[PDB]
4 protein chains.
Amino acid sequence: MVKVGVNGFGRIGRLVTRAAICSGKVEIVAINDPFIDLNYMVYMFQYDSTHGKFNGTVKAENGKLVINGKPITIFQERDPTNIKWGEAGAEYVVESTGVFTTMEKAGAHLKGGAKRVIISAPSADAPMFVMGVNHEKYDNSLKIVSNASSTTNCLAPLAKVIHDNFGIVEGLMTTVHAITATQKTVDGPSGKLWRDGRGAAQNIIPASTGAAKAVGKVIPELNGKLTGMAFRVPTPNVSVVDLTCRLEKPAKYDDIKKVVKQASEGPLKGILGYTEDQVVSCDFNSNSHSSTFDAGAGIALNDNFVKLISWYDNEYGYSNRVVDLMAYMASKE
Amino acid sequence: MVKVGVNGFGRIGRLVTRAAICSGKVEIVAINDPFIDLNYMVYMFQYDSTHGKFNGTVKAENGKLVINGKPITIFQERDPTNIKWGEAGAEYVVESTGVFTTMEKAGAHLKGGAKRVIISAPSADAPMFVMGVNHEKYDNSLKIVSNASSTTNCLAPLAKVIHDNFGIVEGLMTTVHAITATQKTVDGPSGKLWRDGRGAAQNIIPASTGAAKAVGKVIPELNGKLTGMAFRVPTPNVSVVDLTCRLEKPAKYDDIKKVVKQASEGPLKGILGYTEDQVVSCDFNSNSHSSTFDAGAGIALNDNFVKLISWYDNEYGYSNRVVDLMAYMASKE
Amino acid sequence: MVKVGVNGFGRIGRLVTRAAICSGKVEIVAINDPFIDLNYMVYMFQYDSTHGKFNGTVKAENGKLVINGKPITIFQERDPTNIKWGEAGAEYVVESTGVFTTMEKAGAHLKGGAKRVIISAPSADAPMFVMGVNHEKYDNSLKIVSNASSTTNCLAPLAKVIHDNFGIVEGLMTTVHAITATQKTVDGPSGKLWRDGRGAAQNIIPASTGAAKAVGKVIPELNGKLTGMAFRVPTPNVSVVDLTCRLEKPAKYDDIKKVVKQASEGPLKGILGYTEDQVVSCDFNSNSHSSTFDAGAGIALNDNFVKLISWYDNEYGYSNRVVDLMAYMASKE
Amino acid sequence: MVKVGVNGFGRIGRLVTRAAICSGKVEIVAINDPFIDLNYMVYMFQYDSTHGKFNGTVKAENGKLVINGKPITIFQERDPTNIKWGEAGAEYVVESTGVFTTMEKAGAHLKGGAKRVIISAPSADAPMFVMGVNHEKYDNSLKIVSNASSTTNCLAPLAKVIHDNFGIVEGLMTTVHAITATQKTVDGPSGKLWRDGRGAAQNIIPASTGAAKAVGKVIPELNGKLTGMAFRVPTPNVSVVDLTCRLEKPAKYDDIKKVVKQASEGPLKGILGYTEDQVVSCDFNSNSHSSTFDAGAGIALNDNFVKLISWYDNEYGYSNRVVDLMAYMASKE
Ligand SMILES: NC(=O)c1ccc[n+]([C@@H]2O[C@H](COP(=O)([O-])OP(=O)(O)OC[C@H]3O[C@@H](n4cnc5c(N)ncnc54)[C@H](O)[C@@H]3O)[C@@H](O)[C@H]2O)c1
Ligand SMILES: NC(=O)c1ccc[n+]([C@@H]2O[C@H](COP(=O)([O-])OP(=O)(O)OC[C@H]3O[C@@H](n4cnc5c(N)ncnc54)[C@H](O)[C@@H]3O)[C@@H](O)[C@H]2O)c1
Ligand SMILES: NC(=O)c1ccc[n+]([C@@H]2O[C@H](COP(=O)([O-])OP(=O)(O)OC[C@H]3O[C@@H](n4cnc5c(N)ncnc54)[C@H](O)[C@@H]3O)[C@@H](O)[C@H]2O)c1
Ligand SMILES: COC(=O)CCC(=O)OC
Ligand SMILES: COC(=O)CCC(=O)OC
Ligand SMILES: COC(=O)CCC(=O)OC
């Protein structure tokens, strides 16, 4: 495969490493995290409150992190410019620290000998891609790219199927979203976004999300036709998209289901899922889909105005898409 | 003031009793609950995990419950027909067990001498009223009435203001709702509502709600123009309405804020609130409003298609509305 | 392998069924639960908020619950005297409803053709057993037995090792315990035990437990030398034992560690575990041990006065021990 | 009343301010925090997820934080030696950042013109005081003091009563402790305390505490006779001390209750509380006691070996003790 270095060994960094090592679709050869040393990396990778103990062996050997017998070079650079990616043989770097989302900042890795960078977040100026939706618009000239956000990877496949078949005239989305590392256990400082500092385990917290507008970038005909917002709620993982949209062509709810179900069995297999079961959020913990349409939870007001519900494991589904994107890029070289 | 019996000393029964006692609009004179004996009522009224210790005295004396020096007759009847309301002097009865919501069942209280019954829940056939929206359409021939649901009591005053000023062509609603007594601590049997049995503290749980349709009964012009659904999430109190609606007349977001703020200061004062602060759900705990508009959390895609956010303490706001409705009804005797 | 019937398809009944299947030690041939119809059992067995989706197939077919292709007979009787266990071939019945814990009540299963009953909880009069501690005291005259509680199955193996090497003069135990089905989502009625009705998601809740005393029954020499209590805290699963005990023979803390480590690799392997990792409760979710010693978490005041810490998955470890006890009983036949 | 400056507007500094204003025992005249603008201070003081909205008026006016009409000078100094306490009239300074807990660091505030410094945390080298237990050991030569920790303030009053009357031969403590600002919302990096980084809302987490050893300095006769540890649990606030101790003189449990009750009504009034009710943790939210003994939750094994339970609001009880300690110091000047 392509040899991958991971910058930022957090929720996404470690679950991208889990998906890479377990799927075998790419090879992790290096990790950088100045806040997690090699022995700490062993513990943080082995144990996971949300996805359970890693099924396999992980150890420290001669200064390397050894996962299922295979060594991984470890870096401790706060400055992404000083990471010697080339010497470790890492061709692609996953930028998952949360603090290098612009091309200028994410371009640091190229200096170390990396050849392309995949920002595990929206970017102000890097080209953004959602597997199943616009990844074929990638081309080899793009050395710095973004895999958008979890919420965008949930909404864009759904919005693609609804728009392709019935036309979205306009839509508004809410995501009811699990807590993340940027939140606080008790009321604490968060100077730019005051509500995000309030106690994550106590509160429903409204928050902004660019995910709906960003869908207008991965689906250009939806530009200006979608926006939305978010609620953070006290669950540790798994989120859900609630898309209220008005349709061009009339659609009985059973045709929406039928069309969404066909897409989940066809080209969006593994990316867009479909279910009619009485599911709840924990039923999608460690599910690798980008988006699972929840037939029974949605509701139509009429044939042109509907509320559609789609679940996503915001940690693990997104991490698998990071791997899929990199594998697609490597196949295009 | 009217004298009141409370049937069902649960979350709503006890909080109706709080709001009545320390606001002097009505007088609780009797309570029936066959699963809470007198001494247990002292303890359950005294302490509240959500709203804090009762501020006042509560004791058991001569077989009655005495709150701030005022004795309350205590019954232990599983069947409402056997409650001697009249002999206790309860003129109105708050039906807050959750299992007598039809006119046939709630009417059992009139056999014990009660004059009128206020069901603390939507009713399949009893007329439904929301303070500030349609309570003046009540008339004195109605011996059995419903105070709708807490979600209807949050959505309807907002919908009234929006529809009065701009016309709601159509709307879809989501309520992100706190846990209630009908849910389960761990995955367990829940009759035919299978999702409602799943662990309340672990899950985001989609659920059905009539509230948006019931708005079409409370605001006739909106009949068939609103529906919606709910997500139960792990908080113990306080919920929020997310109304996505299409407007007939174009409205800038700042014009929406203007009319809502003005309504909150005029005829809907104390029922509909308005805020521009960076609030989260806990900021409405023990808030007696039916609906507080949250200016900053909402978002407009354009001048005719907007997402509006309104907070509600589903426990204490509704319970004050139950008192207000009975005081209003009493004022028309 | 012995054919087993399950009375009460709850947390324990369902995880005993998972454990039976995952381990092959017994064969579930029938299940009784009047509150969970056949199609509903498919769903409750398949989806699990705590332990994840069932790994295998489960379907309803021709009136039977079919798990991994094996059909299981389904009863729907509230009264155990009416379950036709013998018609289904069930020799042992797991009594896991929580309402038939005496020998009189559990004995109803013998009227239906069951040969033995294993009560999934402490019993007032049925003999109680803890795998690895006193299960060899079981003999074939015992047609009704108790597998004690999960807290006893955690405390007793540890207490046995400690007492056999240094002698426990006296000890007091706290278990910090996850929430269970008997608790309430919000402050509600709990007539017998007032604290157990307070909202489980909000509260540290003191609770009684006879578990440490029950160790005096399974380890006779410790009779009257152990008692304890519990705190119910807001987690969905996994609990921890905190044993403060005085020792007759002096022991350095690393003598304690080494003796427990040896026991966990010898005759108590699979029952008592040992770790020095910086674990937290979620690291034992879905762990089959009765009791895992946490070396780093305990602390000694001196060589004779120590506080020892041991983790237990209260759902899954206990369920595996029920299966283990039935399999041991079968080999004695 | 003494005029007080507050360094750090985190939970402690804010709740100390609430306590000071609500009790009128001292006057806040100045606040320093370089990470929080004045308008953010208004918001953070006004809204509190745990203790509810401030009951009073909070606004910014001419660069000052005006609480109930009284203005308060605001500083934004990185370095405490640069804060100008003197010109603000601040005589005592609460050092509530957590990083200036030594006498050398805390003394910096003396360079700004403050007369005394009260560290709101344990100190390596400043004398630690527990109100009600050893505050008689304060003298006017002490310019820098510590109020110890909230757990120390729970345990020491209870230990004193029990050791004064029966003699603690040796004791082992566990505190079951609510979530704090040092924890993480999801599994994240946590320096050398690996367990503290695991998801706070999901886990029961073992932790260290110096509180038991500190009580052996607050009460010198107990030096080397107490040690302990903590479990971090998923609640927002309120903790509980679990003290298992051996008594020199034998005591019936009703003897223990009687002397504790007697101390709570006498010299430890308002510091040590006493209850026999079926309390749970939320019943002590915003309670100003250091320690409330829970008669029904404890258990005696015999007359020389007991487990004693005492509740503390780890946020608000401690904050009120900071104010009382300052008022006590001011009365000795
Ligand atoms: N639901 C999700 O969790 C999710 C989904 C998609 C995208 N993202 C995005 O992924 C990015 C990281 O998310 P996360 O959830 O994994 O957060 P995280 O905090 O758990 O992990 C970020 C990691 O980066 C490390 N780090 C910090 N600074 C670093 C630096 N200079 N150099 C190297 N490592 C550094 C940190 O120690 C940490 O381990 C963010 O942009 C996030 O918005 C999160
Ligand atoms: N946020 C809310 O909780 C909320 C808000 C508005 C309306 N409601 C509705 O109010 C009703 C009660 O809800 P709740 O939250 O207070 O639930 P709850 O379980 O806390 O209270 C129900 C009470 O009814 C008692 N009871 C049961 N059967 C009885 C009988 N035959 N006779 C007398 N008493 C009996 C029960 O002991 C219990 O105390 C429901 O219909 C509910 O949907 C709830
Ligand atoms: N951590 C644990 O949950 C745990 C551990 C060890 C032991 N136990 C004990 O096991 C027993 C059950 O515990 P649980 O957590 O599984 O409770 P649960 O509520 O999850 O399951 C109880 C099941 O019994 C069913 N039931 C009720 N009445 C019945 C009847 N007449 N006939 C047949 N079925 C009936 C119920 O529908 C329910 O599904 C209790 O005694 C408990 O204390 C529980
Ligand atoms: C990063 O993962 C997410 O959940 C996306 C939310 C968001 O960033 O809105 C665009
Ligand atoms: C009682 O208040 C609510 O729970 C609102 C939900 C509802 O009942 O739907 C109409
Ligand atoms: C399974 O539940 C428990 O562990 C505690 C119950 C108890 O009292 O112990 C005998």
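Chains are designated A, B, ... according to the position of each sequence line. Following the PDB entry, chain A residues are numbered 3-335, in order. Chain B is numbered as in the PDB entry; shown residues: 3-335, in order. Using the numbering of the PDB entry, the residues shown for chain C are 3-335, in order. The numbers used for chain D are those of the PDB entry, and the residues that appear cover 3-335, in sequence. Just follow the structure's listing: the first ligand is 1, and inside any ligand the first atom is 1. Method on record in the header is X-ray crystallography, 2.4 Å.
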Practice item. State which chain has the largest number of heavy-atom pairs within 4.5 Å of ligand 4, named as in UniProt. Key: Glyceraldehyde-3-phosphate dehydrogenase
Exercise for review: Indicate which of propofol, phosphonoformic acid, dimethyl fumarate, piperazine, pyrazinamide is present at ligand 4.
Suggested key: dimethyl fumarate
Exercise for review: Show which other chains sit less than 4.0 Å from dimethyl fumarate (ligand 4), counting heavy atoms only.
Suggested key: A
Check your understanding: Closest non-hydrogen protein atom to atom 10 (C) of dimethyl fumarate (ligand 4), residue and atom name please, with distance?
Key -> A/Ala213 N, 3.1 Å
Check your understanding: Among protein heavy atoms, which sits nearest to atom 9 (O) of dimethyl fumarate (ligand 4), and what does the distance come to when rounded to 0.1 Å?
Key -> A/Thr211 OG1, 2.7 Å
Review point. Among residues of chain A listed in UniProt as binding NAD(+), which lie with some heavy atom under 4.0 Å from dimethyl fumarate (ligand 4)?
Key: none
Exercise for review: Enumerate the atoms of dimethyl fumarate (ligand 4) whose separation from the nearest heavy atom of A/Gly212 is less than 4.0 angstrom.
Suggested key: 9 (O), 10 (C)
Check your understanding: Who's the nearest protein heavy-atom neighbour of atom 6 (C) of dimethyl fumarate (ligand 4), and how far?
Key -> A/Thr153 OG1, 3.6 Å
Practice item. Would you mind finding which of A/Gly100, A/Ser152, A/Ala216, A/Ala232 brings a heavy atom closest to atom 3 (C) of dimethyl fumarate (ligand 4)? Key: A/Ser152
Check your understanding: What other ligands and ions have an atom less than 4.0 Å from dimethyl fumarate (ligand 4)?
Key -> ligand 1 (nicotinamide-adenine-dinucleotide)
Check your understanding: If you measure from atom 4 (O) of dimethyl fumarate (ligand 4) to every heavy atom of A/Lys215, A/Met231, A/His179, which option wins on shortest distance?
Key -> A/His179
**Study point:** Heavy-atom nearest neighbour in the protein, as seen from atom 8 (O) of dimethyl fumarate (ligand 4), with distance rounded to 0.1 Å
**Key:** A/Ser151 CB, 3.7 Å
Check your understanding: Which residues form the binding site of dimethyl fumarate (ligand 4) (heavy atoms under 4.0 Å)?
Key -> A/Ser151, A/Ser152, A/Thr153, A/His179, A/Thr211, A/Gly212, A/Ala213
For dimethyl fumarate (ligand 4), which of its N or O atoms have a protein N or O partner closer than 3.5 Å, and how long is each gap?
{"residue": "dimethyl fumarate (ligand 4)", "atom": "2 (O)", "partner": "A/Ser152", "partner atom": "N", "Å": "3.1"}
{"residue": "dimethyl fumarate (ligand 4)", "atom": "4 (O)", "partner": "A/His179", "partner atom": "NE2", "Å": "2.9"}
{"residue": "dimethyl fumarate (ligand 4)", "atom": "9 (O)", "partner": "A/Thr211", "partner atom": "OG1", "Å": "2.7"}

